[PDB]
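Designed cortisol-binding protein hcy129_mpnn5 in complex with hydrocortisone.
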Amino acid sequence: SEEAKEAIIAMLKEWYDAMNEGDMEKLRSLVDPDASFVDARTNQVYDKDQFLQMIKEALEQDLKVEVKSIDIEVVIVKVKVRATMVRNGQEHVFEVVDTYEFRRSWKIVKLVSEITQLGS
Ligand SMILES: C[C@]12CCC(=O)C=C1CC[C@@H]1[C@@H]2[C@@H](O)C[C@@]2(C)[C@H]1CC[C@]2(O)C(=O)CO
């Protein structure tokens, strides 16, 4: 079980590291093909290809992230992240709470993201 936990954590490290690297090949491999992605604040729901498309656009805006905390609670993990994006020369700063559902290799089958824009 500790191995299970340790593997999930390592994968979330890979996720966020790949995000800062801009390596979407690595992101694609961590997500189940039938996974659903939820924007909690807008109630919008996306499939994997739609989610990755949005990631691509954000990476084009210099999206960078830093993980602040990881809490393991099917494995459910809550990650708090600070993120920045540069949009038409104006940087925007965000605090995001990402709650993942991993299902067994372990794959992400669901993410709910609460996104708050903090102001630069
Ligand atoms: C561009 C985005 C969605 C659209 C929006 O109005 C603001 C942002 C900035 C933060 C981004 C977010 C999504 O892309 C999901 C991201 C990457 C998040 C930072 C971490 C995030 O929740 C994830 O890493 C999810 O796996």
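Numbering of chain A is taken from the PDB entry, so the residues present carry the numbers 3-75, 82-112, 116-131, in order. For ligands, and for the atoms within them, numbers begin at 1 and follow the listed sequence.
- One finds hydrocortisone in this structure at ligand 1.
- With a heavy-atom cut-off of 4.0 Å, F53 touches hydrocortisone (ligand 1) through its side chain alone.
- For atom 12 (C) of hydrocortisone (ligand 1), the closest heavy atom belonging to the protein is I126 CD1, 4.2 Å.
- By the criterion of a heavy-atom distance under 4.0 Å, the side chain of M21, and not its backbone, is placed next to hydrocortisone (ligand 1).
- Heavy-atom contacts of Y18 reach the following atoms of hydrocortisone (ligand 1): 24 (O) (cutoff under 4.0 Å).
- Only the side chain of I57 comes within contact range of hydrocortisone (ligand 1), with a heavy atom under 4.0 Å; no backbone atom does.
- Nearest-heavy-atom check against atom 10 (C) of hydrocortisone (ligand 1) across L54, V104, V69, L14 picks out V104.
- Under a 4.0 angstrom heavy-atom cut-off, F39 registers as lying outside contact with hydrocortisone (ligand 1).
- In this structure, the protein non-hydrogen atom closest to atom 24 (O) of hydrocortisone (ligand 1) is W17 NE1, 3.2 Å.
- Checking atom 21 (C) of hydrocortisone (ligand 1) against the protein gives a heavy-atom contact under 4.0 Å.
- Of the protein's non-hydrogen atoms, the one nearest atom 23 (C) of hydrocortisone (ligand 1) is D106 OD2, 3.4 Å.
- Atoms of hydrocortisone (ligand 1) lying under 4.0 Å from at least one heavy atom of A60, given by number and element, are 1 (C).
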